[PDB]
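Bound state: Genome polyprotein + glecaprevir.
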Amino acid sequence: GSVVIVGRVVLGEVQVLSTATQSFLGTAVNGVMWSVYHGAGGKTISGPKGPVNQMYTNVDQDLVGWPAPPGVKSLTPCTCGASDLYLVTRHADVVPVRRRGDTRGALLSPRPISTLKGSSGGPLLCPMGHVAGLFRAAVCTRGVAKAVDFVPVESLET
Ligand SMILES: CC(C)(C)[C@@H]1NC(=O)O[C@@H]2CCC[C@H]2OC/C=C/C(F)(F)c2nc3ccccc3nc2O[C@@H]2C[C@@H](C(=O)N[C@]3(C(=O)NS(=O)(=O)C4(C)CC4)C[C@H]3C(F)F)N(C2)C1=O
Ligand SMILES: [Zn+2]
């Protein structure tokens, strides 16, 4: 009934999060580990110090947030306005993405949806290594991902 940290992706470190049935990612920004509601629901983040309740819960935007667990360093928000981004997956892959709006980004090369499955909550990074967005959904046709939908980093504030 809680979310557990089961690993990380070393870039800054993205957290690999798991429930009893699902696994996804968590990205710390502004002292808050953000993730997606469709993975974590309203569940707490567990750990040796005891369960911690979510401090942010938005079902409409599919965005949730816990206070960053001790040791989870926050990534730097992107302020350079880059349009060439990089999606970090749970498998440490770094998929180039061309931003085509506030919440959308086109893939330079279509990827099978299976390779992006489980990477919701991962960051989209700019050429400087700063987080410009948070992976939420994929634009899928014939089982192939041609674009992604993400929560803009501007929405990841206190
Ligand atoms: C066809 C498709 C690809 C399955 C689907 N595309 C899709 O919907 O595209 C349209 C067009 C562009 C945006 C989107 O508009 C609808 C908005 C969807 C949403 F995201 F805002 C969302 N809000 C919710 C809020 C509350 C409760 C449930 C919600 N459920 C949602 O959507 C659901 C979930 C989301 C998802 O699967 N995300 C990913 C992922 O990895 N998850 S996961 O870790 O394996 C796992 C399931 C363990 C947690 C990255 C994408 C993929 F790479 F795996 N979905 C379905 C999709 O992406
Ligand atoms: Zn930047």
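We count residues from 1, following the sequence as given. Heavy atoms only: backbone and side chains are in, while hydrogens, waters and symmetry mates are out. Counting convention: from 1, in listed order, for ligands and their atoms alike.
Within this structure, glecaprevir can be identified as ligand 1.
Protein heavy atom nearest atom 28 (C) of glecaprevir, with residue, atom name and distance: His38 CB, 3.5 Å.
The single protein non-hydrogen atom nearest to atom 6 (N) of glecaprevir is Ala138 O, 2.9 Å, given as residue, atom name and distance. Nearest to atom 53 (F) of glecaprevir among the protein's heavy atoms is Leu116 CB, 3.0 Å.
Closest to atom 40 (C) of glecaprevir among all protein heavy atoms lies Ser120 CB, 3.6 Å.
Distances from atom 32 (O) of glecaprevir to the protein include no heavy-atom value under 4.0 Å. The presence of a protein heavy atom under 4.0 Å from atom 35 (C) of glecaprevir is confirmed. In terms of protein heavy-atom proximity, atom 54 (F) of glecaprevir is closest to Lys117 CA, 3.3 Å. For glecaprevir, the main contacting UniProt domain of chain A is Peptidase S29. Distance check for atom 25 (C) of glecaprevir: a protein heavy atom is found below 4.0 Å. Heavy atoms of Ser23 approach glecaprevir to within less than 4.0 angstrom.
Atom 45 (O) of glecaprevir has as its closest protein heavy atom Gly118 N, 2.6 Å. At a heavy-atom distance under 4.0 Å, atoms from both the backbone and the side chain of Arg136 approach glecaprevir. Scanning the protein for heavy atoms near atom 55 (N) of glecaprevir, the closest one is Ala137 CB, 4.3 Å. Shown here, atom 4 (C) of glecaprevir is out of close reach of the protein: none of its heavy atoms lies under 4.0 Å off. At a 4.0 Å heavy-atom cut-off, glecaprevir does not touch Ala145 at all. Heavy-atom distances between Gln61 and glecaprevir stay at or above 4.0 Å for every pair. With hydrogens left out, the protein atom closest to atom 22 (C) of glecaprevir is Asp62 OD2, 3.4 Å, a heavy atom. The residues lying within 4.0 Å of glecaprevir, counted on heavy atoms, are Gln22, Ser23, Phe24, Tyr37, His38, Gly39, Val59, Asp62, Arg104, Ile113, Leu116, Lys117, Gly118, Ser119, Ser120, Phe135, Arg136, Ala137, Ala138, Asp149.
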